[PDB]
Amino acid sequence: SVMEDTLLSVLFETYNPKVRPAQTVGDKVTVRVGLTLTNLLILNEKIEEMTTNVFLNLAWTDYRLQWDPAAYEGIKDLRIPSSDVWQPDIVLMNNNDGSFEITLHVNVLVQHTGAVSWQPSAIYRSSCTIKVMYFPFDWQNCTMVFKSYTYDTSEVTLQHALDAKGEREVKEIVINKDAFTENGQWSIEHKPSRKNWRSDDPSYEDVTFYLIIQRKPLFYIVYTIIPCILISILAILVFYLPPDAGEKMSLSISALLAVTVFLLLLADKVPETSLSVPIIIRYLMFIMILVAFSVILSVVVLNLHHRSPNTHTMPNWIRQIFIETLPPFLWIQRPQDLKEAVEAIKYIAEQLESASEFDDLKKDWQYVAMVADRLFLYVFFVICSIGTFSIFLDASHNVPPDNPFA
Amino acid sequence: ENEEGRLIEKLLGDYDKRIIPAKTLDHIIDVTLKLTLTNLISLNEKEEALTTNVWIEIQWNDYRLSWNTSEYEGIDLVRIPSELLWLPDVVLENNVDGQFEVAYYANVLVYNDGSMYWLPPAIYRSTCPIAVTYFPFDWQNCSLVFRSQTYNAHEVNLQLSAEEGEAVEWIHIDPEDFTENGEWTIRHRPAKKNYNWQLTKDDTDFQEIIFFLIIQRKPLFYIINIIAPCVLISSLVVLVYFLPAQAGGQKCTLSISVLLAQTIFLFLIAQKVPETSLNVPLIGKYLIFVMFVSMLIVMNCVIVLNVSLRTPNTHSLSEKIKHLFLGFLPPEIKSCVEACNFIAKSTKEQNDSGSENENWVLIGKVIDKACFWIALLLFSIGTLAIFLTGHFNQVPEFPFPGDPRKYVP
Amino acid sequence: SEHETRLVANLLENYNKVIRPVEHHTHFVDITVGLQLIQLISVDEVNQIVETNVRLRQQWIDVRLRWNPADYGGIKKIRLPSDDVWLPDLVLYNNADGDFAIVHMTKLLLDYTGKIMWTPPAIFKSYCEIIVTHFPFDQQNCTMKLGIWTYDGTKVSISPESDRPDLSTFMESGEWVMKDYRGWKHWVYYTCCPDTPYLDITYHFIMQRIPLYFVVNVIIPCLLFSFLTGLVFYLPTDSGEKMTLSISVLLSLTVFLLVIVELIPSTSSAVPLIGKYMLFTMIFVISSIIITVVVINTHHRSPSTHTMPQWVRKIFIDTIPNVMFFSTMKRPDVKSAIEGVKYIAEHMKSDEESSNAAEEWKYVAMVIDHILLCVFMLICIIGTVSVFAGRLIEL
Amino acid sequence: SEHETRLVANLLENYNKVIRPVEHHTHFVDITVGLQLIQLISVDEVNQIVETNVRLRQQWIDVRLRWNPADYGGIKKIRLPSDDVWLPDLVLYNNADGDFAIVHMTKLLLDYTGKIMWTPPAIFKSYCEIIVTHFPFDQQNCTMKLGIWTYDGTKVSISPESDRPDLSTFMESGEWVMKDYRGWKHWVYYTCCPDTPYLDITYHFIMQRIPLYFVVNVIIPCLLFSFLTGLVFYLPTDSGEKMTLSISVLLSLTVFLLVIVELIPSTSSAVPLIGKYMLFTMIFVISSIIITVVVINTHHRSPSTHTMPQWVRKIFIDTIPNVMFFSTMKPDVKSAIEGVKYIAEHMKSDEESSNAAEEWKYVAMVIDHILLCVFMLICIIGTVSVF
Amino acid sequence: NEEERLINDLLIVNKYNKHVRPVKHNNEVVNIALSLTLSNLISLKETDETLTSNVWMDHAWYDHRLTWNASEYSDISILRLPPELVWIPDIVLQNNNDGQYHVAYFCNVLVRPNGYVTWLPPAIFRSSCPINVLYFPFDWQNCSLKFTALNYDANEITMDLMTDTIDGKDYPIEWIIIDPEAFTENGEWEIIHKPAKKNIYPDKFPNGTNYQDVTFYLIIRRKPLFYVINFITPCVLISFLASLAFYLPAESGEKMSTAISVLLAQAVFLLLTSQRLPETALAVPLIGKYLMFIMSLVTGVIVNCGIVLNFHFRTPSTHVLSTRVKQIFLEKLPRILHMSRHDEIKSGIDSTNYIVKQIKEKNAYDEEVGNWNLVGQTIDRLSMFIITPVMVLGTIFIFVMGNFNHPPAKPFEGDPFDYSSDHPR
Ligand SMILES: *[C@@H]1O[C@H](CO)[C@@H](O)[C@H](O)[C@H]1NC(C)=O
Ligand SMILES: C[N+](C)(C)CCOC(N)=O
């Protein structure tokens with residue numbers, strides 16, 4: 001309207017947006033800082049940054065933007081482009097890229113009392129230190145640090161934003177149900193807000209917003225853990241195969257190669273920091289080492305099974321342990337022509353008897369192999385079950401604290 | 001008081017930066033270019049782009065910005081930001097992206113006679129069509145084409161820089177600021193002025209200054225980390241000729257597995273070379289050759305296994321085949337008597353059958369040895385020839401083969 | 001503030017930001033340059049570029065921007081946009097992927113004496129010569145070289161705030177450790193231009209890589225497969241599975257070779273120890289496959305065509321098996337029936353002789369496998385102890 | 001030059017670059033539009049985006065920028081920044097991942113008669129409908145739709161400069177070959193603006209892919225592995241390696257099919273012939289594995305639990321072997337007496353059982369010779385048809 | 001040219017303030033008519049959960065300051081002005097992924113002598129679209145573009161869907177406009193519904209900018225022929241090989257290798273499927289469920305082949321064939337499963353008696369071994385008859401449940417309106 005144009009001409013005749021509004025020298029401007037989260041877009045664990053779609057709710061008072069509504073046809077507030085007025089350089093201090101400032105420069109709302117409110121929108125990428133120990137059953141503590149890049153505590157005073165009825169401070173991130181998209185991989189547990197100082201710097205003050213988010217690990221479960229469980233089952237199975245089948249190496253080596261491939265492909269999704277090893281990688285390494293020991297013991301069993309008296313002599317300790325003691329515990333108990341023809345029959349009988357004795361000794365070796373293989377089966381089943389259950393029970397008891405501590 | 005303040009206020013007062021500083025209607029501005037390479041950042045093979053960190057030195061004369069030093073306390077040189085002055089729109093034309101102009105618009109040095117000296121830094125990403133024939137023993141011939149984006153040959157005369165009368169016909173490399181790439185070695189770096197004779201002295205594309213970078217790759221990394229493992233794995237095919245030709249010998253296992261490893265290596269090579277279709281890389285040719293050889297050896301293993309495991313039940317051992325492959329290339333008493341006679345006869349027949357199987361096995365072994373001697377020679381000759389023609393790929397002695405000049409300072 | 005509005009109006013009313021802030025063109029601007037490292041964003045080893053988040057504190061005097069505090073209500077400090085005043089054109093010489101100069105024109109602090117402090121932020125993507133020879137136990141030394149672009153040392157002088165860059169508010173990396181950081185000023189003289197020195201400040205950081213991630217994710221599986229390599233010699237030939245084990249180890253190693261070659265830059269200035277050791281392990285596996293093929297050939301040697309040479313028999317049956325103490329080695333028609341029994345006995349005798357010779361061949365193959373197993377275990381343990389000067393086993 | 005400085009000051013004195021360059025508002029500006037292709041940067045098949053480096057030549061008459069050369073020292077041409085004068089708002093209608101309009105505001109050549117020449121560069125990332133039917137021997141036809149955005153045909157008119165785009169300075173691609181290129185002018189009515197016709201010029205380039213990267217990297221290994229399928233039938237069952245070879249071939253073929261899948265868009269408009277042929281090859285390989293398992297089972301058939309039916313004996317032993325020619329197939333003494341008689345009877349039984357087992361093995365052998373001949377026939381007809 | 005005079009009068013002489021709303025009184029409201037034209041659905045990246053669109057934003061409002069008398073000037077009935085000279089409403093895409101809130105190209109507005117201003121800029125929008133992976137690849141998605149006015153509150157400007165005339169009566173345009181002259185049909189996604197709604201949130205106030213918005217929805221169905229041909233068919237065939245592996249005899253020595261190779265191929269297919277979907281935990285994809293079920297069943301097949309091999313290689317020297325197992329696997333099950341079916345003389349006598357005794361014992365040993373072989377054959381025949389029907393029925397059930405998944409033929413379940421271009425309400 002014409003009256004609004006007159007009011008704008010009067011207000012900005014000598015207004016300088018470069019000057020912080022201090023009615024008297026030494027006055028501080030009180031700036032209320034709030035945050036509204038519309039969408040938690042990404043938490044990239046590789047580069048350790050969080051991408052968020054936020055509204056930055058800022059409010060302060062500019063004494064130069066005061067007028068009497070009765071003298072201007074009852075105009076009580078104005079929408080003025082944000083570049084025409086002084087604003088505090090409230091920026092995200094811990095951004096990962098070079099973007100300190102907002103993206104969308106919405107109009108400020110100026111009331112006749114001088115109160116200026118500004119709710120610009122931005123797509124922030126802030127550095128988050130990822131704690132990889134319990135990945136993927138982990139919760140993260142990602143912070144957003146807001147402060148004035150220009151002014152210190154001697155010039156501005158950061159405070160908390162007020163609620164709709166401006167009577168109490170909102171010490172938390174505001175989430176609007178009408179405009180908010182759930183991530184689907186992270187659930188927000190806590191979203192407090194706090195003002196932080198530095199004991200070594202009396203001119204420092206910021207408002208930090210904390211996002212305590214917990215990962216939902218179903219994807220990693222389905223695509224990594226159950227296949228490795230099947231692989232470990234095969235690694236246990238290899239000790240039930242008989243050595244005569246000729247497929248012990250095939251099974252054990254295939255299991256080892258499968259678990260190694262799973263480790264390599266999961267190495268893509270895990271963070272590359274070296275402060276700890278994620279629980280998923282530790283489980284994969286445990287399974288890989290177990291399958292390697294399965295391969296080694298399968299080779300040992302195959303070697304035992306294929307020995308013969310012509311090559312080896314059974315020592316006393318092997319016979320004492322594997323023939324007598326273990327099987328009860330493992331339930332695995334087991335006319336010259338006539339003269340020369342007579343001589344030929346003698347020779348045939350002697351050959352048969354010698355072959356029978358040789359075969360009996362070979363059977364003893366094969367029984368030793370069978371008993372050792374059954375013992376390995378029981379031992380590996382116990383170790384695999386206990387280790388897997390212990391690792392996943394440790395991972396299960398990792399929840400964010402009830403108190404955000406901030 | 002800084003006299004530069006009033007001098008610059010005088011110079012830029014009544015000065016239009018949109019006007020080419022031609023004194024008369026026929027005056028042609030001579031624009032001088034000099035390129036200083038500080039770092040050859042990378043040669044991206046996949047996107048065929050050369051990234052360089054360079055300082056381009058541009059010199060011309062602006063008669064408007066000339067003053068009398070005696071009137072300004074002996075000031076003979078000032079710095080004026082380049083945004084305030086007329087510039088020749090010298091751009092890199094063969095850029096992969098849309099970055100024509102310089103990265104940082106530095107100040108222009110202005111002398112009292114009107115001489116202008118502009119030395120802005122730039123990160124240039126230029127198109128370099130890559131020749132893949134001798135990968136990874138290849139050398140590339142990359143180019144940086146500079147020309148004026150606005151003015152034709154009737155307004156601006158691009159030239160190479162001259163110090164001490166002798167033109168600088170090369171890319172300048174300052175020892176004070178230069179780091180070797182560690183993968184590419186610069187062999188030649190000539191510079192020349194080129195003309196597009198299909199156009200006239202108009203059209204703004206008639207003239208240009210081209211800086212060439214003939215760079216040779218260091219292949220030691222590629223050798224050790226790709227070629228040696230590939231050759232080592234591919235040489236394992238010839239070992240199938242010493243395994244027994246029976247169950248548990250594992251001829252086909254070894255052969256097929258070597259073939260699979262060669263396939264993996266082909267996939268690895270696919271990640272290191274561009275996706276152009278003008279030539280096949282040398283390592284790709286070697287991989288195709290060795291995969292074909294291993295396929296042939298799989299076929300030979302199948303044939304030898306079929307020959308060695310033949311029986312009189314299924315196949316008859318012809319006399320000609322045996323000669324060819326083993327002569328040139330290498331009351332109660334009656335019942336008891338009848339029972340004994342039958343036992344002896346049956347044992348004799350079984351023994352004869354075993355002997356025939358043994359003859360088949362020997363023929364298989366003879367074929368196996370002959371094919372081994374063929375295959376070892378084939379594989380060795382292929383490897384030697386391919387990597388020998390790789391090793392004999394020299395960078396040309398002269399930057400331009402017709403020219404006899406060396407283009408070095 | 002009305003006083004500050006009047007002051008800002010007076011300060012810039014006839015101020016030319018193109019002109020250097022000196023009282024005489026002969027003098028030089030003294031600029032104090034301090035580098036503050038906030039965060040080490042990344043070290044791209046393949047591309048040889050280091051990204052850092054920094055603040056570039058610059059202090060100088062501008063006598064055109066002084067005022068009397070008593071005339072302006074006692075104002076002593078104001079904040080001005082950096083675009084309003086003269087600024088140094090400080091450029092990162094070794095820029096590789098980012099901006100040469102400062103692009104975030106943040107506000108600056110101006111005192112009533114003309115003293116200016118300006119601390120703009122920057123993302124420096126500088127070129128970093130990566131020494132991949134002790135990876136992943138390597139330390140890196142790469143720098144950020146700063147200087148005034150268009151002014152020589154007689155017009156603008158730069159001096160470091162302190163000997164070292166400020167890491168008071170540095171955010172810990174989790175992949176690198178700051179061993180040392182320092183800032184050195186240099187005077188460069190060119191034969192072209194003897195009267196004009198060129199100033200330059202180089203900040204360098206010593207980065208020690210934390211190797212746990214790469215150890216666990218790469219080195220341990222490689223060691224596991226390398227140790228499984230020598231286990232083929234304990235596998236009996238009668239199993240018919242030696243090729244499976246050996247070739248599977250080889251395939252796993254070629255996959256890990258693919259991983260390694262996609263981990264490191266392709267520069268040939270120095271050979272990475274990890275690549276060299278991987279090539280050595282591949283040679284190890286190839287020799288193992290060759291010699292186990294030889295063993296398989298020896299085991300299945302037919303006594304009909306091959307007779308055991310006397311030297312082979314002596315070496316592999318008379319002297320070597322006694323050496324291994326830890327092994328469990330061993331060191332009418334009635335006539336026709338009569339000739340039938342004759343034939344059966346004779347064929348059994350011939351079969352016994354042939355089987356004895358075949359068993360001798362199998363014994364020789366077994367002895368060869370034991371020798372190879374001992375040798376290969378010893379070689380593998382000595383090798384795994386002596387890698388990266390033992391830093392692997394020390395970890 | 002002082003003359004040029006005064007001329008430029010005079011030309012842009014009362015000039016309003018918001019107004020169209022027409023003497024009367026009922027007239028229209030005629031703009032000669034020419035496209036010049038500098039380089040085909042890339043063709044993203046998966047994302048269906050073609051990125052090109054072009055120069056967009058535009059010509060028109062601005063009667064407000066006339067001058068007399070005699071009054072300005074004989075000056076006949078000047079260079080002016082594009083931002084100082086009225087410009088046409090040409091828009092790439094099918095922009096996909098780039099800019100709709102020209103963003104590089106280069107200087108334009110202004111004649112003394114008012115004629116204007118402006119050739120700004122651009123990187124057009126246009127949308128391209130990829131036809132994957134004949135990949136990797138496919139030719140692609142995707143276009144560049146350029147038209148004036150806010151002005152209809154009665155206010156601003158565009159005409160093609162030539163029938164074809166200018167490829168005089170075109171850099172050779174190394175992946176694609178320009179077969180044909182032409183530019184067509186259209187009169188279009190949109191639902192937005194149904195009263196008046198909006199003009200556009202569509203430039204299309206017929207580019208043929210060079211099939212050497214994919215023949216070497218994809219087709220050749222696929223052929224090598226598919227040829228190994230027939231070797232399973234020549235492999236005897238006693239070797240104990242038929243399943244290993246056949247399964248390895250199948251796994252390699254499925255890996256290569258999955259690699260091929262990654263090189264084409266996920267569109268379901270058409271099925272590539274390479275993908276269909278790989279699927280058919282896998283079906284053939286799996287059928288071969290089925291018959292191989294049947295052959296292996298037959299070869300090991302115990303005569304105790306299986307008796308050869310007459311319909312098998314009559315055909316596989318008496319019919320095919322005579323048909324297929326190129327093969328080379330076909331006191332206590334009484335205890336001792338009772339014992340030797342028992343031994344002879346056991347040899348009876350063993351010989352009979354072994355004879356039956358050999359019959360089963362012969363059946364398996366003729367079966368896989370039949371399959372090998374079928375495979376060779378398929379291979380021969382396939383290599384004759386392709387040639 | 002009288003356009004110059006008219007524009008000078010409108011913008012300069014009348015002192016047009018670009019930063020003031022086009023209202024004669026401060027308490028009035030500006031009506032912004034808004035509509036969307038989709039020219040191309042560029043992509044839908046499931047991993048990034050982003051929808052990229054090529055759209056034309058149509059704005060129409062009334063500016064009383066841009067009115068003129070067409071007869072006072074020449075007969076000028078329309079005028080083109082750059083958007084940086086006139087007031088325009090700042091309508092932003094609130095649910096964008098990148099930092100692109102506005103349009104890409106700021107084209108001229110069109111003004112009529114009565115002040116009707118129209119603005120039709122093109123844009124490339126990258127919006128957030130949550131992905132429902134439950135029925136992948138037979139899935140349909142429900143993307144939306146939500147447009148808000150963050151520069152003025154609901155008391156100052158009012159957003160609306162643009163109206164249209166058919167026979168003199170106005171109807172709102174409650175859908176995304178698809179112009180046949182300017183639409184390209186996506187090869188992978190087919191548009192089923194495309195409604196537009198003006199949403200008011202009564203829990204908020206007209207004080208602020210979160211009270212209203214205009215949302216354009218896009219219910220799109222994936223065309224699954226690509227994934228069916230290239231992913232599901234090879235996986236199903238390789239899976240069926242596992243059940244076929246029960247038919248290999250134990251003497252072959254390749255049962256375990258066949259089954260294990262099938263499992264490895266299934267794992268590869270599972271990993272490649274994992275590469276193509278977002279890491280969300282809302283649901284497991286249909287193809288993922290099928291792959292998990294088939295890998296579990298193939299592991300069962302591997303275990304049962306191992307058991308069969310263990311039974312086949314038993315001997316009297318280590319195991320005893322009890323009567324229970326003998327009658328279970330040799331009498332009942334084979335019939336249930338319909339399966340097929342002077343001292344020299346004395347020395348010689350003693351030696352031949354010994355030979356006969358040894359041959360008899362060997363024959364008995366071989367008989368026991370053959371019985372164990374038959375037991376193994378019965379076990380794996382029962383295994384085949386149990387597992388292959390489960391495999392085929394599970395495959396059919398899973399891949400028929402997915403194919404019986406359609407968009408509900410009406411968006412906004414409680415709303416009977418079709419929101420279709422052929423029947424305005
Ligand atoms: C420059 O200035 C000096 C002294 O002011 C004067 O003598 C001289 O003529 C002027 N011109 C030249 C070209 O030196
Ligand atoms: C004509 N059309 C639909 C391509 C664009 C409309 O732009 C206008 N006229 O504002």
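Below, chains carry the letters A, B, ... as their sequence lines are ordered, and counting in each starts from 1. The basis for the numbers below is simple: all heavy atoms, side chains too, and nothing from hydrogens, waters or symmetry mates. Note that ligands are numbered from 1 as they come in the structure, with each ligand's atoms numbered from 1 the same way.
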| query | Which chain accounts for the largest share of heavy-atom contacts with ligand 2, under its name in the PDB entry? | reply | Acetylcholine receptor subunit alpha
| request: List the drug name given for ligand 2. | output: carbachol
| query | Counting non-hydrogen atoms only, which other chains lie under 4.0 Å from carbachol (ligand 2)? | reply | D, E
| What makes up the binding site of carbachol (ligand 2) if contacts are defined by heavy atoms under 4.0 Å? | D:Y93, D:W149, D:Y190, D:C192, D:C193, D:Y198, E:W56, E:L120
| said: Check this for me - carbachol (ligand 2), D:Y198, N or O atoms closer than 3.5 angstrom, yes or no? | reply: yes
| Ligand-residue contact atoms, carbachol (ligand 2) with D:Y93, heavy atoms, under 4.0 Å | 4 (C)
| Which transmembrane segments of chain D (numbers per UniProt, starting at the N terminus) have a heavy atom within less than 4.0 Å of carbachol (ligand 2)? | none
| request: Return the residue, atom name and 0.1 Å-rounded distance of the protein heavy atom closest to atom 3 (C) of carbachol (ligand 2). | output: D:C192 SG, 3.1 Å
| Do any nitrogen or oxygen atoms of D:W149 come within less than 3.5 Å of a nitrogen or oxygen of carbachol (ligand 2)? | yes
| request: Looking only at protein heavy atoms, identify the closest one to atom 10 (O) of carbachol (ligand 2) and say how far it is in Å. | output: E:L120 CB, 3.5 Å
| said: Could you check what the entry lists chain E as? | reply: Acetylcholine receptor subunit delta
| task | State which organism the PDB entry lists for chain D. | result | Tetronarce californica
| query | Should you measure from each heavy atom of E:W56, which atoms of carbachol (ligand 2) turn up under 4.0 Å away? | reply | 3 (C)
